[PDB]
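Structure containing tranexamic acid.
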Number of protein chains: 2
Amino acid sequence: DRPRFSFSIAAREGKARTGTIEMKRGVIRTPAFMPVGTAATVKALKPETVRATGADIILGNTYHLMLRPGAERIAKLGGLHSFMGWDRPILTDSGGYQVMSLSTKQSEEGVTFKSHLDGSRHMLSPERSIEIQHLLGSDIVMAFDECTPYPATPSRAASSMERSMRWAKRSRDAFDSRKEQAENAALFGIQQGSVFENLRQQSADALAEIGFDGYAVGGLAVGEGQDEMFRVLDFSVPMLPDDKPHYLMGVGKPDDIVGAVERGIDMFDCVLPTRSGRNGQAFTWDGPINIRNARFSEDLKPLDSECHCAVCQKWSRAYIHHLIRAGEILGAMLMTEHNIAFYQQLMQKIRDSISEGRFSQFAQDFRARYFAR
Amino acid sequence: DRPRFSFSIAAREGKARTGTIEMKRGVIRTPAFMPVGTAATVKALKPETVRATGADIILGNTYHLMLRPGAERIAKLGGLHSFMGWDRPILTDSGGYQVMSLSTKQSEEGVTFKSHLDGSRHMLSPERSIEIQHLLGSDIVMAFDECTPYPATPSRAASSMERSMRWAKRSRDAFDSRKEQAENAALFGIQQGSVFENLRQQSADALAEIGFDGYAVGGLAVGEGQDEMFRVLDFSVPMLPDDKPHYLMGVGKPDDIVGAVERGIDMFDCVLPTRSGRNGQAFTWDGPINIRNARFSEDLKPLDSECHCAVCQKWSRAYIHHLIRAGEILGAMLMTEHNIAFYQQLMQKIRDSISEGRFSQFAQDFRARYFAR
Ligand SMILES: NC[C@H]1CC[C@H](C(=O)O)CC1
Ligand SMILES: NC[C@H]1CC[C@H](C(=O)O)CC1
Ligand SMILES: [Zn+2]
Ligand SMILES: [Zn+2]
């Protein structure tokens, strides 16, 4: 009864947009932050807790899931949604980045690699990546890509991007060939081209000619720094179709997100709130804090005194400081819940401010406070 | 408005009893199982989840808390209940066992020891143990004791027990001297004497002459085995005042609990459900299972198909198998919630069967199924 994929822009301010993506398993409010659920879990959180923070969609990692527990096994057990107990949309990455980063023989067919878990040999290609994502049952499927190497010659960046675009076409065809997947899921293409404007334009042109439900900006946050990332976004996002969502992969810190929204990004995923939470870093409106620091040992205030999350209604900095220092699982649980909730509250403030035509003021006020610490 | 400590026996069957302990922070249904909350947390569970499993009271470890975060610090922050977010009764052990086990110079005054965290030197005595438990704000205070060495000569067991009894009297006096503690908390004494009937009798006589709110059987589950433990319980529990609760410290497996209740024990604590849960062992009515075992990789049944816990309503063995094998925090969370809930359901079945005069049949039926596997 619900649409497969319908993106509606409710309001704009400059290059920033806010709206909704309607899918069969639910609505995604944009700009959206996707918690990362690597191995079929958002680390340290039950799915009901993830939803309670405000998340509309989560990300799964194809590379990890294809190795453990395996895509065929997850399919036999009813698909990823049933397996993990999350009934809302899931976006899966293609695996093309982790094979190169977490594993390796690359050719036009795909990449063959050795598993980090045990050294067993495996293969990923556009067709196999799409089939794995089909078996997982994910709602948003990412085309199999290659991250343009950084730094690299313009010619190496170009040949990499061109291969990635041929892989995008192969991914489109594989997805379209599977009727159940084509009728129930969406397919996003990934723009490559490193920091080179002409290559980003050629990539965008190729992707629009193939046609996708959404367009990701790939190849960023790979060591170039925020200033350069924003410079590339300045020219790259306008090259993508305006009427489809724009997804910045693997970004980022709160200030990265705000600046990327100012440049036309609608969707984000990042390991920071979960991973840094487990390591003792909490995000607050006055900047990040390291909760293990001695200054918090007797601080009875919550992590953030304006945060609406359940953790900040019930527990102090002093208690969470103790838990993390003692290596207690509850410390990781509470830090992660707060950090994901903080990210969702940030996204809500972004959406409301764009809707209300006051996003420029919000971004200025946010930065002045977040960086004042 | 509520009583400090009021124990009522509602029903008996043989040596087994069921009833309630009413305290200012709540009612404890007996026989009772106390989850162990070492470092101001029941590992991997929020307090609301602990309560949802049916627990009425939890245990804190004085030795750990006095080292990290420290008793004075917890007191400055409002006491242990506020610090951890558990508003119901807490029982604290005395520290007398862990100093000897987890750390050491023993004299009549107390024991001086080196901390396992850093080698700093510390002191525990009856008076200091009581003061630490006062600063923590615990509801049931344990007298500072010495575990009778096992094995040991009857004469060494006797001298150890006699020292423990002098320490019990010192603990009573220190507790009574602190009006706020005496008016709001309860004090339990610990019977010692190893496996020797005459020493257990002398210990019980000494404790009853001092007078306590409850009586623990100490010095068991120290390597003697279940048959010998039950033999000692057979003669030791009847020596304690019948009209006060009987607490078996550090026990145990489900079948240990059932047999101890048959011998007159009203209260238990054990690390097994939490620690073994994190390590992949789940308790079921058909015996323990090791969820990491390959046989569970595609098992869509819950951990136990008759368990009422939230985990067994929502997640499969196959998913929990995957989580534990992958080292995921959510695996520990789900295993621990189920195991504590299983222990609470066991206690509820014990209480109902005693109340209903069918505990002997319950114990027989429980054992036949649990050991059939
Ligand atoms: N720094 C994260 C980023 C790495 C490259 C990846 C890709 O281009 O596939 C997108 C995410
Ligand atoms: N095996 C646990 C048991 C160890 C001795 C202790 C004590 O006697 O203080 C009670 C608990
Ligand atoms: Zn919060
Ligand atoms: Zn269960």
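By convention here, the chains are lettered A, B, ... following the listed order of sequence lines. Note that chain A is numbered according to the PDB entry, with residues 10-112, 115-384 shown in order. Here the PDB entry sets the residue numbers for chain B, with the shown residues being 10-112, 115-384 in order. For the numbers below, each heavy atom of this structure counts, side chains included, while hydrogens, waters and symmetry mates do not. As the structure lists them, so they are numbered: ligands from 1, and atoms in each ligand from 1.
In the structure shown, the parts corresponding to tranexamic acid are ligands 1 and 2. Bound to tranexamic acid (ligand 2) with the most contacts here is the chain that the PDB entry lists as Queuine tRNA-ribosyltransferase. Other chains with a heavy atom closer than 4.0 Å to tranexamic acid (ligand 2): B. Any N or O atom pair closer than 3.5 Å counts here, and B/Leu231 shares at least one such pair with tranexamic acid (ligand 2).
In terms of protein heavy-atom proximity, atom 7 (C) of tranexamic acid (ligand 2) is nearest to B/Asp156 OD2, 3.3 Å.
Of all protein heavy atoms, the one lying nearest to atom 10 (C) of tranexamic acid (ligand 2) is B/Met260 CB, 3.5 Å.
In terms of N/O distances under 3.5 Å, tranexamic acid (ligand 2) is not approached by B/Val233. Considering backbone and side-chain atoms together, B/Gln203 places an N or O closer than 3.5 Å to an N or O of tranexamic acid (ligand 2).
For atom 1 (N) of tranexamic acid (ligand 2), the nearest protein heavy atom (residue, atom name, distance) is B/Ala232 O, 2.7 Å.
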Does tranexamic acid (ligand 2) have any N/O atom under 3.5 Å from a protein N/O, and what are those pairs and their distances?
from                       : atom 1 : to       : atom 2 : distance (Å)
tranexamic acid (ligand 2) : 1 (N)  : B/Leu231 : O      : 2.9
tranexamic acid (ligand 2) : 1 (N)  : B/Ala232 : O      : 2.7
tranexamic acid (ligand 2) : 8 (O)  : B/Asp156 : OD2    : 3.4
tranexamic acid (ligand 2) : 8 (O)  : B/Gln203 : NE2    : 3.0
tranexamic acid (ligand 2) : 8 (O)  : B/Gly230 : N      : 2.9
tranexamic acid (ligand 2) : 9 (O)  : B/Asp156 : OD1    : 3.4
tranexamic acid (ligand 2) : 9 (O)  : B/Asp156 : OD2    : 2.6

